[PDB]
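Entry below: contains acarbose.
Within every chain, numbering begins at 1; the chains are lettered A, B, ... in the order of the sequence lines, protein sequences first and strands thereafter. Scope of the values below: all heavy atoms of this structure, side chains included, with no hydrogens, waters or symmetry mates. Numbering of ligands and ligand atoms starts at 1, following listing order.
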Number of protein chains: 2
Amino acid sequence: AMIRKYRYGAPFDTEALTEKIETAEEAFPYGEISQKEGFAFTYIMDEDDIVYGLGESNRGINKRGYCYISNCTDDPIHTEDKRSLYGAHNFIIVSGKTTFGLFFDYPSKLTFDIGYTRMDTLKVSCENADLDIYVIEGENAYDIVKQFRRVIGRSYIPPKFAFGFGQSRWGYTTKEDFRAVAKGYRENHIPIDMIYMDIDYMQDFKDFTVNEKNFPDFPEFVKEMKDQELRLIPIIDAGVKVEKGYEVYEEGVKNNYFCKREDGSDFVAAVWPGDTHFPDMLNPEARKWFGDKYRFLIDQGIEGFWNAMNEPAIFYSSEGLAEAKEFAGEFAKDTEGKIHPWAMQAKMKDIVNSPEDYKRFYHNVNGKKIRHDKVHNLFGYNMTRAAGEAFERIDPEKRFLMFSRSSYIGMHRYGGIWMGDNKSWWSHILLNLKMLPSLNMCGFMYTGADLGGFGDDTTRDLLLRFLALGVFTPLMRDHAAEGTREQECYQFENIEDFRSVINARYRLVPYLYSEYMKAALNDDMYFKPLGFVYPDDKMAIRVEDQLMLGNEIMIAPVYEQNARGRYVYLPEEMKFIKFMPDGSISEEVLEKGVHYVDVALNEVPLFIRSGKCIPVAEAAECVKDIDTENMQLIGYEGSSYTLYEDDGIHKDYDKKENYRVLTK
Amino acid sequence: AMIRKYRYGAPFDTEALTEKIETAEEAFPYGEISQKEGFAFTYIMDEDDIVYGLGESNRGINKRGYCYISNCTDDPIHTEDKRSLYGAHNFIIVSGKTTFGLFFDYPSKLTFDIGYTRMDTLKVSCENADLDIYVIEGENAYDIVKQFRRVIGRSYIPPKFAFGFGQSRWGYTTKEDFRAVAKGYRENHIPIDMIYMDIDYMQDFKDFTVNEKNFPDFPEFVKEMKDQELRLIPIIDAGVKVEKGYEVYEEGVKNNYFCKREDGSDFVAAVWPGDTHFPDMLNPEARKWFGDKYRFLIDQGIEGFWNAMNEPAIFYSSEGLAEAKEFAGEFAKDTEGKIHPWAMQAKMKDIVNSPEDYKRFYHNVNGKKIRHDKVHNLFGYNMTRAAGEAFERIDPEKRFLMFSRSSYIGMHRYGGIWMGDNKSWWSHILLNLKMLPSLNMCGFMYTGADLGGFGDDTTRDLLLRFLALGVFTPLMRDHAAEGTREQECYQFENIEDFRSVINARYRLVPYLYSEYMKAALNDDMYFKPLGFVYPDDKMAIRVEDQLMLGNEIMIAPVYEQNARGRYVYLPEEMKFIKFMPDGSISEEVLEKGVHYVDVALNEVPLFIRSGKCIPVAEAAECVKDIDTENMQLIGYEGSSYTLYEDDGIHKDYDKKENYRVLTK
Ligand SMILES: C[C@H]1O[C@H](O[C@H]2[C@H](O)[C@@H](O)[C@@H](O[C@H]3[C@H](O)[C@@H](O)[C@@H](O)O[C@@H]3CO)O[C@@H]2CO)[C@H](O)[C@@H](O)[C@@H]1N[C@H]1C=C(CO)[C@@H](O)[C@H](O)[C@H]1O
Ligand SMILES: OC[C@H]1O[C@H](O)[C@H](O)[C@@H](O)[C@@H]1O
């Protein structure tokens with residue numbers, strides 16, 4: 001009754017919504033709709049309007065002032081000009097004199113022109129008028145976000161061990177490599193729960209295999225690590241290698257489980273393994289078949305996974321390759337200088353993630369063929385769903401760690417997201433930061449960035465400041481591209497500073513897990529923009545480098561190089577808290593208003609709100625060893641905090657026994 | 001105060017310094033010098049040390065925390081990872097408990113590892129121990145900079161019209177193209193003094209030609225523009241087109257003025273015109289010849305030039321083109337996928353600005369041949385030198401507007417610099433801001449960035465914020481690359497806001513010009529880091545997004561999208577001044593400390609120091625029409641300002657009549 005659905009044309013059913021809403025009849029409530037040039041919604045914003053939403057997209061929390069295109073793409077360079085990243089999250093809220101929310105349930109290229117062409121004009125457009133548009137009324141943005149979280153279904157809930165720290169690198173390939181990562185953290189008493197396994201752990205990049213030479217006794221090595229509270233988290237990619245005798249390949253061909261060209265041939269895309277086929281993620285039998293394959297790893301004691309390249313990413317097709325080799329031949333013997341090297345270079349680039357490739361294959365949805373570009377943004381979503389739904393068939397009682405690169409609203413039910421291939425840039429700390437509340441609005445709460453920066457070479461101080469933000473993000477992992485400077489914590493001087501920052505994480509795990517569980521079970525946000533908590537404060541609403549977490553604290557990470565502190569704005573009196581390197585916890589009461597606060601490199605800051613407190617455990621080196629029986633309570637005297645806690649493994653969430661009231 | 005010179009091996013004479021310093025024979029006074037593997041200076045920094053310097057290079061004012069390689073390169077993507085931009089400015093100051101400046105007078109690839117490898121370690125190294133190292137000492141960093149400015153000789157001083165606003169775009173081609181730009185500005189009563197002519201004004205990109213089809217009577221068109229106080233500033237590039245009958249070409253080949261390969265043939269490098277030769281800029285006869293060619297344009301009424309592509313940039317050599325074609329041929333006929341597309345993609349990229357190409361040509365220096373790589377960073381410097389020296393021969397009492405892309409210390413005497421191919425990113429406003437004081441330290445005072453962003457698509461608000469920074473940079477011009485969204489001030493709605501911002505530039509010209517002249521004539525800085533003005537204030541010395549200008553004011557531009565103000569730190573009491581859209585000047589006193597200030601998109605902010613004032617003229621539409629007879633004084637009652645003022649055209653600097661003391 002607070003939300004309505006306006007259907008246009010004959011929309012593909014994306015299954016984003018868990019709740020069935022009936023079709024409205026009245027004219028569209030806001031702005032103007034047009035079908036002349038495909039589809040277009042146009043709305044004139046008031047000058048003070050703020051625009052929230054779009055989950056994992058570029059730029060700031062207030063999306064006004066640029067162009068965002070929902071079209072999942074494998075782009076490893078996240079600069080301010082980019083209009084499309086990995087995610088398609090078609091939820092926005094207009095917040096101001098007139099406030100309302102909009103969800104565009106449409107699975108293809110969707111363009112959000114938010115004040116880019118004209119400052120006061122918001123224009124959302126697509127090629128085909130086949131979509132549902134949900135209008136969500138409410139008092140304010142926050143109320144609107146909660147109604148939306150309601151109808152998209154509960155967010156994915158990870159096992160507790162996943163709130164620990166994790167370390168990965170594109171390049172770990174042997175037992176020796178993993179044993180050295182283990183030794184490096186454990187011997188230095190740096191806390192850690194997870195080590196990620198990247199594509200080198202497979203036999204020639206074949207999904208659902210393990211390198212036979214390097215891991216001849218894999219179940220035994222997995223237990224070797226698990227005995228140390230180190231859980232190996234292996235990657236699975238979208239592309240299944242074309243290879244005779246490889247069982248996943250044979251089965252997909254034989255049973256027509258792969259995406260096909262119009263002529264019914266299995267479509268070929270080059271990725272890490274060379275030529276591959278894509279499983280048909282939109283076909284239920286194909287999804288079930290692919291998901292069940294996870295059994296092969298779970299049977300060996302693996303308790304979590306990550307999916308990459310699920311846009312799906314294409315290095316080139318067979319068609320593109322031939323086109324490029326042909327153009328190259330021309331260039332090769334162009335004596336007249338009619339073919340310039342930049343044309344040769346543009347062609348080589350053009351065959352990567354080519355829009356024309358996305359037009360070359362089809363999904364078989366219950367007998368009916370649909371051309372992939374028409375449902376492009378659903379591929380990653382349905383690949384993750386394949387996995388989620390298999391975990392439930394395989395072990396219904398157990399929580400698995402699961403997250404993916406590309407996504408669509410609806411996938412938030414089956415796994416988290418990481419923010420993809422960022423860079424070792426200071427601007428990416430703030431990018432990681434600003435994406436958080438937006439991802440929360442779209443149901444994606446288990447999320448984080450590659451700490452230290454995935455691409456390029458990091459520095460000791462950059463890695464330390466990344467980690468201090470990572471302290472607060474449910475996914476906290478250090479991951480690095482191949483060829484980059486090594487960025488495990490033990491690669492730098494004065495390693496005690498890394499132990500100090502990660503200790504802060506573990507000491508906060510009971511509290512952070514608690515807020516996440518509370519938020520997930522009540523369709524609420526784990527991170528909130530300040531405006532959500534302080535609607536009446538015209539200064540607060542425009543703050544973009546601070547976030548509220550739960551109902552107790554605010555975070556404000558340092559993201560400028562060489563800085564020894566930062567400016568903050570406090571909408572209410574708060575206690576400025578710092579996790580000090582000696583293990584202590586400094587406290588200072590600061591009043592409402594502007595402040596500059598000192599935050600050294602080896603110090604982790606946060607603020608505790610007036611009349612609140614939070615529990616803080618003593619430092620432990622893994623999640624299982626954290627002591628929750630007697631932890632200190634930091635914050636305001638006389639206040640109380642409701643701690644959610646369960647076994648962190650199963651799905652028994654209701655029980656009154658999961659809650660205890662702590663009182664300072 | 002003190003300067004010493006330490007000589008290693010047999011340095012190339014760069015002519016950086018104008019003052020002679022005797023060679024020191026005592027121990028090197030700071031850090032360690034090693035010559036076991038080429039050359040390396042190693043210094044252990046104290047923890048609070050700030051490192052200033054490096055002029056035009058990546059990142060912030062404090063250079064600690066990264067790696068900078070002086071190696072002039074044509075790179076249009078200025079992201080945080082880049083180690084080399086256009087500039088090779090080998091001056092750094094270590095500032096802390098122990099303070100000292102070092103200038104590394106070396107013309108080739110020099111690597112500054114400033115806390116990159118180990119946080120506490122500063123390491124400067126190069127391939128050959130053939131260089132001079134100047135050690136400067138004094139009270140503090142500012143003292144040390146001023147002594148450096150003395151020995152490198154007086155900075156280039158532009159004509160007063162160059163303190164106007166200028167408009168450019170790669171694409172202006174015909175007389176209609178230019179008249180429309182003139183029309184767009186003059187009819188909307190937006191001030192402007194200059195329009196830039198990019199490469200398309202030439203006949204087939206030939207240096208020192210004009211397209212005689214589009215400009216049949218060029219000198220008349222030049223006058224037609226000048227009669228409206230609009231001065232065409234044409235570009236000149238380094239590569240002279242290979243073309244029989246082209247006199248510049250024929251003369252260059254005939255007299256051996258071009259850079260030759262090892263065998264004596266004229267080296268061929270492809271640029272805008274296709275095949276070109278490079279004038280041998282380090283050869284005195286060659287320089288005089290090339291420089292003399294500017295007469296062609298001056299004779300037609302041109303009073304300013306800019307140079308680009310003077311790294312020199314190389315799209316490819318004949319040698320590299322042949323290589324890439326040979327590789328493309330193998331890729332083309334490869335059937336066993338042994339040659340992957342990304343290898344083809346890499347080769348294509350590797351032929352641009354190839355380190356191998358910089359080893360393929362030589363300079364003839366007074367009869368001695370030197371391979372170009374060994375003196376690479378001197379090329380752009382000497383190209384700008386050729387122009388400046390030609391100007392003095394042509395008319396020694398007259399100032400020409402001149403600036404270049406690539407440079408080396410010493411070039412600052414002959415022309416200014418623009419910050420090259422930036423992007424329409426909010427983060428480049430900050431990049432622009434931060435590069436300024438560093439450039440000043442190195443003698444480059446006439447400088448600025450492409451306002452609104454060169455590459456990629458700008459927005460109305462990004463342009464307006466970029467122009468409010470431009471108001472204060474001596475070079476203020478809006479420039480864009482081909483294929484970008486058009487970003488002339490008149491390409492946007494509510495054009496009055498652009499009038500307002502440019503109007504502030506013109507109201508401040510008398511003051512900004514006065515400040516520039518006083519700084520230049522006194523070997524002093526126009527822009528200064530807060531640390532130089534408030535050395536004892538430990539908060540002020542860490543500020544990197546505010547700058548002192550002259551001795552009267554401080555600037556603090558907004559560089560955040562959607563921001564309606566920003567945090568500022570005032571190290572003393574100041575008057576907060578804004579030039580309002582309505583042409584009024586808001587004023588508010590603010591005590592020392594941290595403040596949040598409101599700055600609307602259409603307001604230009606600055607601060608006036610306690611006990612100071614500045615002259616503010618009424619808005620005019622060109623420099624010539626500014627009424628400096630009776631300017632309003634803004635700031636503190638009872639304060640005095642010394643206003644420098646000459647004809648802005650000739651070089652009659654030393655008249656006492658040039659100075660007039662004003663008191664508020
Ligand atoms: C110093 C150097 O510059 C000379 O060139 C011009 C200057 O750069 C201008 O600044 C300008 O100077 C004027 C004064 O500022 C002004 O107050 C007036 O009183 O006198 C000047 C007239 O405008 O004009 C200069 C005119 O050329 C000059 O070209 C150059 O030679 C000077 N360098 C020395 C070189 C020699 C060679 O023996 C001698 O002439 C002197 O020792 C130096 O002047
Ligand atoms: O061509 C796409 C990819 O090809 C190879 O995988 C390269 O290793 C990688 O750097 C590139 O992005």
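- Within this structure, acarbose can be identified as ligand 1.
- Going by the PDB entry, the chain with the most contacts to acarbose here is alpha-Glucosidase.
- Other chains with any heavy atom closer than 4.0 Å to acarbose: B.
- For atom 3 (O) of acarbose, the protein comes within 4.0 Å by no heavy atom at all.
- Within 4.0 Å of atom 25 (C) of acarbose, at least one protein heavy atom is present.
- Scanning all protein heavy atoms for the shortest distance to atom 8 (O) of acarbose gives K651(B) CD, 4.5 Å.
- Neither the backbone nor the side chain of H650(B) comes within 4.0 Å of acarbose, counting heavy atoms alone.
- Heavy-atom contacts of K655(B) reach the following atoms of acarbose: 17 (O), 18 (C), 19 (O) (cutoff under 4.0 Å).
- Scanning all protein heavy atoms for the shortest distance to atom 16 (C) of acarbose gives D652(B) OD1, 3.1 Å.
- Nearest to atom 22 (C) of acarbose by heavy atom, out of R393(B), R154(B), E657(B), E397(B), is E397(B).
- Taking every non-hydrogen atom of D654(B) and a distance limit under 4.0 Å, the qualifying atoms of acarbose come out as 15 (O), 16 (C), 17 (O).
- The organism that the entry gives for chain B is Ruminococcus obeum.
- The search for other ligands and ions under 4.0 Å from acarbose returns nothing.
- Here the heavy atom of the protein found nearest to atom 5 (O) of acarbose is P396(B) O, 4.7 Å.
- Residues touching acarbose within 4.0 Å, heavy atoms only: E397(B), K651(B), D652(B), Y653(B), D654(B), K655(B).
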